[PDB]
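Report on the structure given below.
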Amino acid sequence: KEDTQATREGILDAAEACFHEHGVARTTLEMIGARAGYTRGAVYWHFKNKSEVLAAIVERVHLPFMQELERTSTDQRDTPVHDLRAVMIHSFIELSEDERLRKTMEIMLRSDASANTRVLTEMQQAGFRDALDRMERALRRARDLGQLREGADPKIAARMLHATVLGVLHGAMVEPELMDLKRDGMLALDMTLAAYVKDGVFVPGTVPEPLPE
Amino acid sequence: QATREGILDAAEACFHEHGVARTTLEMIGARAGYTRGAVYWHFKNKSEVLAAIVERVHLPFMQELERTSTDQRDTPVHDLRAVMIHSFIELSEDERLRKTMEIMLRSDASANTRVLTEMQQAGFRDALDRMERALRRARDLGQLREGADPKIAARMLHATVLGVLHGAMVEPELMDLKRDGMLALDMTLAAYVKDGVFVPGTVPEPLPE
Ligand SMILES: Oc1cc(Cl)ccc1Oc1ccc(Cl)cc1Cl
Ligand SMILES: Oc1cc(Cl)ccc1Oc1ccc(Cl)cc1Cl
């Protein structure tokens, strides 16, 4: 087990388990290296430092999800509101059923344990901005198709949706007995969309088909 | 009582800059200007100290929430809405209280440390119960929409408040406590409350008492 034989995915899988178990602060390069079956030099073979490791764990789940959201605004389909619902609701289900995904999402939610460091906060800012941009674009396509209520601002709508969804994610992390990621994510999403979306455009409470492709 | 208050203040300054993990009772003492003996008299450990910090803020907030369901006034939605709007305003205008609140909202680093998640859980449960009591009184008074379930309305209100607070801690310039907090509150209340019950978009008068 020479350090240079470690693969990037094995380094990231090991680091994500370290971070889930010990948190960001207590995780060290030596711990990540040992966990993957090597020593710290196997981590250096891929990443300058622990924050690059964190960024890469985040990117690996945030990238795919941003891709899904981006598809909801396509001019090749004429149901952007339904598509946004398909993406979000299946994401909620996935987060609820896949502990590994859920624990990475919870690493980001938890953020920096003190004002001393802003390392997770900047990644969160950049992620929030990415998600908002994409939701706002889907909502702008919905307006053109006459699917929004008169006067609905798609930028405000996107901001309200992120707020009530973010709140469900934080609540479920704190007290899963009281706040249910699937059930309440879907209620927050539908409630928020119904404030900005015309009646009759989608049926609240329904499970959409996974977005095609 | 007042030495208590001094430790707590200093502990606020440490907890916010340094975090829950790296702060100890000895660091808190020094900034506070007191002896280790003096400090231990009040709090034998960091968690006892955090519990009294959260308490200081969380308690009187729960007392404001609790009042909105009083069987003595007939405007529970208006009152609950007023409490949250005023709270949002106060947080936005008082950096002291806003730092104490972020200490209160930040998560434990791991799934292994908890005692701060334990007060979050208890705090989360207290706030939801009180929201639900005010919305059930609204329901009794004919102020909720047909078929609105006060338990469900309170969960959505709670998620709404929590998403605004968290949104603003990450991106103050993208999530404005006062302006987006009021928009989000009014949106979620209008999903469950009949029209004409409160006046949206405005800051209500101070509640009595
Ligand atoms: O996009 C992300 C950004 C960060 Cl900073 C951390 C995790 C991420 O991944 C997700 C976030 C929210 C939802 Cl609802 C679903 C997924 Cl997969
Ligand atoms: O802001 C968001 C709003 C919505 Cl409705 C969906 C996903 C969002 O994106 C995130 C949610 C949580 C974390 Cl930790 C990171 C990111 Cl990017």
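The chains referred to below are lettered A, B, ... by the order of the sequence lines, with proteins before strands, and numbering in each begins at 1. Header says: X-ray crystallography, 2.0 Å. Just follow the structure's listing: the first ligand is 1, and inside any ligand the first atom is 1.
Drug at ligand 2 (options: decamethonium, loreclezole, triclosan): triclosan.
The chain sharing the greatest contact count with triclosan (ligand 2) is, according to the PDB entry, Repressor. Other chains within heavy-atom reach of triclosan (ligand 2), distance under 4.0 Å: A.
Contact annotation: for A:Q124 versus triclosan (ligand 2), there are no heavy atoms closer than 4.0 Å.
Proximity to A:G127 (heavy-atom distance under 4.0 Å) selects the following atoms of triclosan (ligand 2): 17 (Cl). Which parts of triclosan (ligand 2) touch A:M135 is read off a 4.0 Å heavy-atom cut-off, strictly below it: atoms 4 (C), 5 (Cl).
Near A:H62, with a cut-off below 4.0 Å to any heavy atom, the atoms of triclosan (ligand 2) are 17 (Cl). The atoms of triclosan (ligand 2) that sit less than 4.0 Å from any heavy atom of A:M108 are 14 (Cl). When each atom of triclosan (ligand 2) is checked for a heavy atom of A:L109 under 4.0 Å away, the hits are 13 (C), 14 (Cl). One option in A:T192, A:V58, A:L169 has a heavy atom closer to atom 12 (C) of triclosan (ligand 2) than any other, and that option is A:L169.
Heavy-atom contacts of A:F65 reach the following atoms of triclosan (ligand 2): 7 (C) (cutoff under 4.0 Å). Looking at atom 2 (C) of triclosan (ligand 2), its nearest protein heavy atom turns out to be A:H162 ND1, 3.2 Å. In this structure, the binding site of triclosan (ligand 2) at 4.0 Å (heavy atoms) is formed by A:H62, A:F65, A:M88, A:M105, A:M108, A:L109, A:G127, A:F128, A:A131, A:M135, A:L161, A:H162, A:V165, A:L169.
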Pick out the protein N or O atoms lying less than 3.5 Å from any N or O of triclosan (ligand 2), and list each pair with its distance.
residue, atom, partner, partner atom, Å
triclosan (ligand 2), 1 (O), A:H162, ND1, 2.2

